[PDB]
A.B. asks: 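First, the structure itself, so that you have it in front of you.
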Amino acid sequence: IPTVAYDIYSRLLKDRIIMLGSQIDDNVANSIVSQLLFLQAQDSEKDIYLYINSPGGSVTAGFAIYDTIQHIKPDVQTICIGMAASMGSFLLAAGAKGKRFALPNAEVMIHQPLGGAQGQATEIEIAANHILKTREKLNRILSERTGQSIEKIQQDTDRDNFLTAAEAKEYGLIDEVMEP
Amino acid sequence: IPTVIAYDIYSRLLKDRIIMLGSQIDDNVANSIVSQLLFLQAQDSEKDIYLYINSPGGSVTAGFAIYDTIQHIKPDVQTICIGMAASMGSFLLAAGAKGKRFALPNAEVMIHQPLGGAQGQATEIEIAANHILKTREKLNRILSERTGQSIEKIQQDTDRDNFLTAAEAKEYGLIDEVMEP
Amino acid sequence: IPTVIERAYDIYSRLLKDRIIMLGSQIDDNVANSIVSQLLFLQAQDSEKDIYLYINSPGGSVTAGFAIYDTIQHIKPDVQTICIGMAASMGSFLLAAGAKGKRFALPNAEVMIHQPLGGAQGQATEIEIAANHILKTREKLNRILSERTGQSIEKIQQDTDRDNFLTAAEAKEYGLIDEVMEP
Amino acid sequence: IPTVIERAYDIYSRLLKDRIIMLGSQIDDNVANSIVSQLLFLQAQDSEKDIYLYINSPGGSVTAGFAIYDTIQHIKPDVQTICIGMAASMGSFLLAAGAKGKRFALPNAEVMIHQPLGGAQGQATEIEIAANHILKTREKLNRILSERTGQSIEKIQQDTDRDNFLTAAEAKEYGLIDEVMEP
Amino acid sequence: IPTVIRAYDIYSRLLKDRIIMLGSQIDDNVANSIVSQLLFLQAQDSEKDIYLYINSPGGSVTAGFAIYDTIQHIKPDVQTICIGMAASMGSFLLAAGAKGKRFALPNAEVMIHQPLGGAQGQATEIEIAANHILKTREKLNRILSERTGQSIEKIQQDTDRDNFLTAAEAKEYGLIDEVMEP
Amino acid sequence: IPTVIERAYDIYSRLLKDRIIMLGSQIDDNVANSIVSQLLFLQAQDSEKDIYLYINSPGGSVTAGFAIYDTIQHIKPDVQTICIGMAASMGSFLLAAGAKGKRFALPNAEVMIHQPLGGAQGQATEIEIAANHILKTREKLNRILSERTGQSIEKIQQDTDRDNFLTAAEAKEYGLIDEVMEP
Amino acid sequence: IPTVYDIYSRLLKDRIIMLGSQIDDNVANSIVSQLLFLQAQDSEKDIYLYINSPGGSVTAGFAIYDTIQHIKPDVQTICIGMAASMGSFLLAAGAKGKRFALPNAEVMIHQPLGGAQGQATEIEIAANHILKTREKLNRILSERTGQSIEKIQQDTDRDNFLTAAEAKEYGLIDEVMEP
Amino acid sequence: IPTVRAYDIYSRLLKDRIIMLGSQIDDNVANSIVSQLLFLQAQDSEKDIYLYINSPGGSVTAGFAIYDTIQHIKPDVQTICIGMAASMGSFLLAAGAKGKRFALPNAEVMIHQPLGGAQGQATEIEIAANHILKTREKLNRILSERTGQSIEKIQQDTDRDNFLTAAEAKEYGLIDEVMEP
Amino acid sequence: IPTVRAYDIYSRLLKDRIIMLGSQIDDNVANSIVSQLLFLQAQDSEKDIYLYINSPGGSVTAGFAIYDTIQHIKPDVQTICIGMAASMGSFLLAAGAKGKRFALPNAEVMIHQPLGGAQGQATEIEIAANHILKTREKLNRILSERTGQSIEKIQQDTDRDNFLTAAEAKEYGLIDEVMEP
Amino acid sequence: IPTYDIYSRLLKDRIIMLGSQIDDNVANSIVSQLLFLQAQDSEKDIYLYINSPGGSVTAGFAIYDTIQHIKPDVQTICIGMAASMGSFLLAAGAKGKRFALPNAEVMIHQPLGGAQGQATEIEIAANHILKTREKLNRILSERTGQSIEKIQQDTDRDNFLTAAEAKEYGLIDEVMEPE
Ligand SMILES: *O[B@]1(*)=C2[C]=[C]C(F)=[C]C2=[C]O1
Ligand SMILES: *O[B@]1(*)=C2[C]=[C]C(F)=[C]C2=[C]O1
Ligand SMILES: *O[B@]1(*)=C2[C]=[C]C(F)=[C]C2=[C]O1
Ligand SMILES: *O[B@]1(*)=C2[C]=[C]C(F)=[C]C2=[C]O1
Ligand SMILES: *O[B@]1(*)=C2[C]=[C]C(F)=[C]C2=[C]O1
Ligand SMILES: *O[B@]1(*)=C2[C]=[C]C(F)=[C]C2=[C]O1
Ligand SMILES: *O[B@]1(*)=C2[C]=[C]C(F)=[C]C2=[C]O1
Ligand SMILES: *O[B@]1(*)=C2[C]=[C]C(F)=[C]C2=[C]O1
Ligand SMILES: *O[B@]1(*)=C2[C]=[C]C(F)=[C]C2=[C]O1
Ligand SMILES: *O[B@]1(*)=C2[C]=[C]C(F)=[C]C2=[C]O1
């Protein structure tokens with residue numbers, strides 16, 4: 001809301017800080033991707049800081065952000081404040097290795113995909129196969145980014161799983177709890 | 001609606017062993033049809049029963065409650081399609097006693113695959129998908145037995161909604177005769 | 001809906017004269033009130049002849065289901081249970097509650113077992129009370145299902161974690177019914 | 001729902017002929033008016049034979065519940081109370097109100113006790129009047145529950161501060177019922 | 001709901017014994033039914049008294065006065081018995097029973113208050129509505145004064161805000177004659 | 001609602017046997033059709049005995065009210081009118097329409113008189129037609145009220161310009177009724 | 001609303017942040033961004049956080065709480081009107097010695113609120129989570145007020161409204177600001 | 001709405017130390033008014049501030065945020081009622097610097113007791129009742145101090161809604177002067 | 001809407017001391033009109049101000065905020081009715097500087113009594129009735145002073161909605177002149 | 001929409017675009033534009049394009065009286081449709097300078113309105129709308145040269161005119177042919 005003429009977020013973007021503070025939908029992803037591409041074009045070596053306070057959102061919107069982070073040359077540090085849940089915790093784990101952080105009282109939640117399907121049996125089968133493939137894709141990447149096996153990630157996401165920042169570090173979702 | 005000298009018109013027909021299925025098939029309709037079938041069997045276990053069907057279909061489990069009761073009881077159940085028998089309605093039409101399944105000449109018969117829905121976690125969507133796929137296999141297997149068509153042909157012919165005339169339904173094996181005037 | 005000559009009965013009242021009770025809907029307090037009243041009435045008419053309870057039900061209220069369950073176990077007549085269509089959730093619990101040896105399903109009937117569902121809103125303390133209550137309810141259901149099926153409580157817990165759909169033949173193998181009724 | 005041969009009764013009317021009243025819903029003014037009328041009718045038919053009140057109820061209006069409570073205490077016949085399913089809130093209050101020695105629950109029935117719920121909107125003065133009224137109502141309920149259970153008022157106050165779910169066996173130990181009815 | 005052995009519903013069966021059950025809000029339909037039952041019972045026997053059970057949150061003031069005036073008009077005594085709650089026009093009808101024959105059960109509640117209403121429109125119309133509801137309050141207070149023995153000034157003070165009474169307090173107030181014990 | 005023994009009447013049918021008609025609602029076409037039919041039926045049963053019309057009504061449709069009014073004036077029996085509760089608008093018009101000397105109100109009944117209400121939308125020409133119609137309707141009502149009360153048309157016009165609430169005693173002084181019925 | 005900058009941007013130039021609404025993720029995002037911006041402008045000067053808030057999301061509140069504790073400047077907190085629920089938690093989170101309330105401001109403390117629907121297993125997970133959240137809040141309130149965890153648990157079982165003077169006696173603030 | 005660099009009309013008045021309170025008082029309005037008061041004090045801690053009030057009232061805690069800020073800052077805050085000051089609006093009118101509280105001649109002032117609501121368990125309703133009763137005592141005590149009336153008189157005079165003319169508000173002590181043309 | 005640095009059309013007219021009242025009168029509209037009047041007085045306390053009125057009326061207290069501000073400030077406020085001035089709109093039309101109240105020839109002026117509502121206990125309805133009756137007396141007294149008609153005539157003429165042409169409004173004393181082309 | 005916005009750019013050339021229903025907001029804007037243009041130059045004429053289904057009669061008369069009051073001629077040009085108060089404003093342009101494009105439509109009709117309440121109030125509303133119709137017909141008679149009786153007959157029901165018929169009727173002076 002406040003102005004500094006920049007709004008406060010535009011002012012932070014000048015210092016290569018991107019604030020992800022909402023549900024992740026296509027509009028949010030389009031804006032975050034555009035900010036990442038802009039920052040890379042301004043300086044391809046300096047790293048970028050992505051703050052995450054997000055309950056999650058669209059899996060495809062989340063993957064648009066995820067792939068852009070992996071594509072660009074700068075390191076993207078990720079910093080969880082408040083909560084990173086679902087695709088939010090997936091993006092937290094996607095930051096540059098060694099540069100994934102959470103503040104001490106931040107929460108991290110991991111779970112399996114949610115969705116819906118209606119229609120003929122054939123269509124329900126297509127939707128089920130699609131969401132199951134999506135879960136396998138997410139688990140495989142989380143395995144690579146955390147060092148946990150795919151079987152452990154599958155077991156640990158069967159139901160909603162809430163982690164403290166310290167537990168998220170032990171799990172491999174972040175590298176450090178940021179102390180004051 | 002009307003009363004006859006006192007029965008409503010449907011109660012009067014039930015006295016002559018006629019059951020009128022003229023709506024969507026839900027649990028209340030199935031509970032009533034099953035109860036009428038059991039009552040008629042208890043009144044006379046040898047005389048057959050006449051089930052008129054004008055129905056767009058409805059709940060698959062409600063339809064199977066009626067289907068299994070028809071197969072369970074001793075009397076033959078003749079089935080007579082007037083208007084339309086679609087989805088579980090055409091399944092019940094095909095379930096009548098062999099040789100005693102009829103449609104009137106302008107009645108329509110429609111066959112299709114099951115419809116349903118699922119929401120929730122991936123695991124729950126998978127459970128719902130497996131369930132509706134097993135339900136389709138169960139329906140196709142019975143339709144194969146009652147029509148003489150192979151399961152593969154029934155699967156192909158129900159992939160999309162398939163509307164049949166009474167004459168086509170007879171050629172298909174869903175009914176035995178088109179009832180002429 | 002239809003009426004039958006005799007005075008006059010609706011079709012369900014006519015079946016009740018032959019000791020048949022039709023459970024063909026979701027189980028709520030009104031349905032349980034009616035089923036319990038029919039069971040008590042039939043016992044008062046004849047305490048030795050058995051009763052036939054047809055079940056086509058997606059389930060419903062757990063406490064309404066237990067009102068029916070306890071009445072079945074309380075009265076002197078045997079209650080045979082016959083699943084047509086579907087017995088899910090408290091419906092499959094009542095199916096398994098019939099007199100041992102007299103629990104049936106028709107060949108294409110479906111049986112579904114699952115864990116309790118519920119909700120809670122309010123202060124942390126209130127959510128804890130609701131969670132403890134629904135967890136105790138699940139343990140109570142599993143313990144009775146274990147007794148009526150012969151499966152261990154641990155197996156019932158594993159098999160109800162997610163919705164579990166059984167064919168009539170599988171329900172017999174599981175111990176939820178005694179026989180698949182053939183034509 | 002079903003009808004019974006005799007002329008013709010619905011199932012509840014048939015049970016009422018045997019002095020059985022079925023309370024199987026939320027308690028509102030219409031339900032209380034019907035239950036009170038049935039109690040007065042049964043007393044007028046025979047002032048000595050007792051009456052059987054089955055309770056499966058989540059509770060409801062406190063004043064409707066007290067209409068039933070006071071009628072039970074007023075009439076000459078004993079009123080046995082039998083909990084099936086659940087007796088919660090004013091339902092458990094009416095369960096505890098049955099004739100001493102004749103209050104029962106089936107083994108898997110649940111009993112829940114709690115404090116009154118209500119609401120108030122308006123000027124500070126009006127909110128104060130509503131608060132005083134609901135606090136007096138709670139004291140009235142606790143005092144009667146103390147008399148009918150033998151627990152002290154202080155224990156009832158502590159045990160109803162939050163929703164308190166009891167098994168039938170716990171309800172007997174508490175003094176809300178006299179016996180768990182076994183098969 | 002239930003039927004009794006031709007065939008009566010439970011309320012019709014009680015009406016045969018001269019019992020009328022007022023168990024709802026008082027609107028024009030309820031008043032029309034209660035008035036009709038009172039006239040019917042008087043026509044059946046003009047000497048035997050009538051029993052009016054009251055469990056009511058109140059309702060329309062004019063519907064309540066239709067019942068009130070019919071009670072005062074007919075020859076039989078009308079006993080009134082509060083169970084549960086008699087609030088607003090319900091407590092007014094409770095106090096209207098035959099003197100000496102107004103009762104409440106021990107845990108019944110009685111609530112008295114001033115009239116409620118609404119008005120919208122021109123200043124002139126709001127004034128007409130205000131004058132009407134103020135005259136209605138004076139009419140109610142005057143009758144309550146006569147039936148309870150309290151002064152009009154005390155009734156006015158005691159109804160300014162909602163006033164909840166126990167059965168024992170309602171007896172002390174003069175709204176009923178006796179708390180009915182078991 | 002209640003039924004009375006004899007065959008079987010609802011309470012209103014039982015009163016109609018004694019030539020009592022109960023007008024206890026808003027006056028719409030369905031109510032007027034029923035009241036007119038009852039008046040014609042009672043005249044056909046006995047053309048000399050009078051009829052008793054109880055009125056507790058907020059009013060309603062002017063044309064439905066005139067259907068009742070003209071039927072009262074047409075038939076041979078006297079129709080006594082008795083206001084209980086409230087007779088407002090077309091209700092007070094029908095109260096004043098009873099047989100002269102046989103129009104009553106109970107002591108706390110209220111009588112309200114006012115001018116017609118209505119609405120109109122559309123072209124100027126259509127609004128003019130609707131205005132002329134409702135003004136003619138008011139003149140028709142005032143002329144009849146003048147005849148039945150003995151007040152001049154000018155006084156009735158002044159006294160109905162705004163809603164005018166009368167006590168039973170004031171309604172008698174006005175000429176809308178003949179007597180306040182005392183106990 | 002008014003321009004001078006809008007009025008809030010003008011106050012932010014003097015290191016004043018105005019928290020005047022329910023605390024949701026958007027509000028927390030903005031407050032955190034303002035705190036980081038002010039630290040980057042000057043890491044030594046303190047910051048003034050005015051609080052008039054009925055509370056809101058617990059995780060949004062902790063985003064603000066952890067940012068306050070993380071940055072180098074002291075954050076003074078000043079309650080005007082009401083600080084309830086996570087609002088009173090943030091009031092108590094200000095730099096020790098620099099937590100204030102105006103004399104007629106109200107402070108309310110309570111336990112977490114939430115909801116859960118679904119299978120028994122899911123309700124259990126939600127109950128365990130909200131109970132752990134309450135323990136986390138109580139432990140921090142104990143540290144910031146000097147009251148024991150058992151006293152905070154007892155005093156938050158039901159909604160507990162405090163005057164500014166009572167909030168000072170409790171340890172939620174350091175001083176009632178007089179005129 | 002209109003513009004007068006560029007200011008909207010309210011921003012232009014704020015440059016002359018005029019704050020316009022012309023709506024219900026909620027948390028957003030209080031946040032803005034408090035911010036304007038702090039800004040004006042920072043610009044000049046000696047010149048007084050003019051607060052125009054046309055408000056039906058609103059949140060009691062939002063009103064106290066404004067009230068305490070007025071009492072806290074160094075400048076005098078003159079208050080000027082135009083139209084209506086009701087409920088927390090009349091409380092803020094009475095809160096202006098003593099001698100500098102005004103109403104225009106046809107402005108209305110209304111005083112009343114707090115309004116609120118509560119739902120839930122008896123214990124929770126009791127907590128809400130105690131809270132709103134303490135809030136009323138706090139308001140009455142301050143109104144007593146600012147008007148010179150006793151707390152008992154304020155309690156009696158706010159039991160029901162009490163509408164005052166500007167002249168009556170001056171006689172009551174809620175304002176110091178009726179502003180004449 | 002249109003722009004003319006850069007002003008919207010209303011801001012451009014305000015530079016020439018013209019205020020356009022073209023809507024229902026609520027608290028937001030009154031707050032804006034009052035602010036414009038105070039701003040114009042501060043710019044020049046001698047030049048008069050032109051208030052165009054096309055308004056169906058609105059809140060009585062919002063209308064009195066504008067009325068009292070007009071009477072308070074030093075400049076004359078000319079009032080010019082275009083289209084319609086009804087209810088508080090016609091009250092503000094009559095409030096312009098004497099000799100400087102105008103209507104265009106086909107403009108309409110409507111006068112009536114206050115409208116309002118009340119719900120609740122008898123005591124509360126009485127308080128609301130007394131308040132709206134006092135409000136009507138206040139309006140009638142001022143209209144009497146500004147038109148030269150007696151209070152009794154204004155009371156009779158506002159009992160029902162009373163529509164006046166511009167020429168009739170001049171004869172009545174609500175305006176001084178019909179503005180001719 | 002496009003960028004001055006396009007309408008502000010046309011207003012610089014003394015063109016006002018009336019392209020919507022006529023309500024109080026539209027009339028206030030059109031009146032303000034007319035007064036502004038007169039103040040800029042009291043001799044040059046003004047061009048008012050009209051594509052409007054009509055709207056409020058009093059809002060329409062605010063525009064009508066302002067047109068007649070100001071010194072510049074106001075040319076009126078109908079494109080698309082001028083119906084009800086729209087056709088009234090079309091006929092109100094400077095005599096000789098009222099135009100329609102060849103496929104534009106002009107519709108004339110009687111006033112529409114509504115009334116609810118007591119008989120006395122319905123009578124007041126009926127008298128008011130009948131006086132409004134007489135006022136409109138009298139002005140249309142003056143601006144078209146048709147008698148009041150003919151205008152009354154021709155507006156009893158909705159009456160749709162082509163541009164050529166509107167010229168023959170006297171509502172416009174010329175059908176504008178292509179350039
Ligand atoms: O939560 B989370 C989610 C949701 C949905 C999807 F699809 C996916 C995912 C991951 O995380
Ligand atoms: O149509 B139809 C159907 C539907 C659903 C299901 F589930 C199944 C079926 C068969 O047919
Ligand atoms: O499904 B099912 C259910 C539901 C709910 C509860 F609580 C329980 C149960 C069992 O089954
Ligand atoms: O739950 B329960 C209840 C509710 C409400 C009231 F008031 C009371 C009570 C008791 O229980
Ligand atoms: O409550 B209650 C009431 C209401 C309303 C009116 F008018 C009256 C009364 C009495 O009581
Ligand atoms: O009220 B009332 C009325 C209404 C309407 C019309 F038309 C008429 C009348 C008479 O009364
Ligand atoms: O109020 B408050 C709250 C709410 C919710 C949660 F979760 C937490 C908390 C603290 O405070
Ligand atoms: O009105 B007013 C008010 C409301 C609410 C609260 F809480 C308070 C107050 C004061 O004024
Ligand atoms: O219209 B108008 C009006 C309305 C309302 C009020 F209060 C007032 C007035 C005057 O004018
Ligand atoms: O259309 B049009 C119109 C409408 C309405 C009014 F009032 C008027 C007019 C003319 O045209």
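Per chain, numbering begins at 1; letters A, B, ... match sequence-line order. Computation of the quantities below employed the complete heavy-atom set of this structure, encompassing side-chain atoms and omitting hydrogens, waters and symmetry-equivalent molecules. Determined by X-ray crystallography, 1.9 Å, according to the entry header. Portion of entry displayed, and contacts counted within that portion, nowhere else. In listed order, ligands and their atoms are each counted from 1.
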A.B. asks: I'm looking at ligand 1, any idea what drug that is?
C.D. replies: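 That would be tavaborole (bound form).
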A.B. asks: Give the name, as used in the PDB entry, of the chain with the most heavy-atom contacts to tavaborole (bound form, ligand 1).
C.D. replies: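 Most contacts go to ATP-dependent Clp protease proteolytic subunit.
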A.B. asks: Find the other chains whose heavy atoms come closer than 4.0 Å to tavaborole (bound form, ligand 1).
C.D. replies: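 By heavy-atom distance, the answer is A.
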A.B. asks: Does at least one non-hydrogen atom of A:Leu114 fall below 4.0 angstrom from an atom of tavaborole (bound form, ligand 1)?
C.D. replies: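 Heavy atoms of A:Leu114 do come under 4.0 Å of tavaborole (bound form, ligand 1).
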A.B. asks: Any idea which of A:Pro55, A:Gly57, A:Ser86 brings a heavy atom closest to atom 2 (B) of tavaborole (bound form, ligand 1)?
C.D. replies: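 Result: the heavy atom closest to atom 2 (B) of tavaborole (bound form, ligand 1) is in A:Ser86.
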A.B. asks: Going by the PDB entry, what is the biological origin of chain A?
C.D. replies: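 The deposit lists Staphylococcus epidermidis.
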A.B. asks: Considering the heavy atoms of A:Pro113, write down every atom of tavaborole (bound form, ligand 1) situated less than 4.0 Å from one of them.
C.D. replies: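 Every atom of tavaborole (bound form, ligand 1) under 4.0 Å from some heavy atom of A:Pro113: 5 (C), 6 (C), 7 (F), 8 (C), 9 (C).
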A.B. asks: Within the 4.0 Å heavy-atom shell around A:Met87, which atoms of tavaborole (bound form, ligand 1) are there?
C.D. replies: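 Here the atoms of tavaborole (bound form, ligand 1) in question are 2 (B), 10 (C), 11 (O).
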A.B. asks: I need the residues around tavaborole (bound form, ligand 1) for my notes - heavy atoms within 4.0 Å, please.
C.D. replies: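 Heavy atoms within 4.0 Å: A:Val59, A:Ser86, A:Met87, A:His111, A:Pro113, A:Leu114, A:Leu138.
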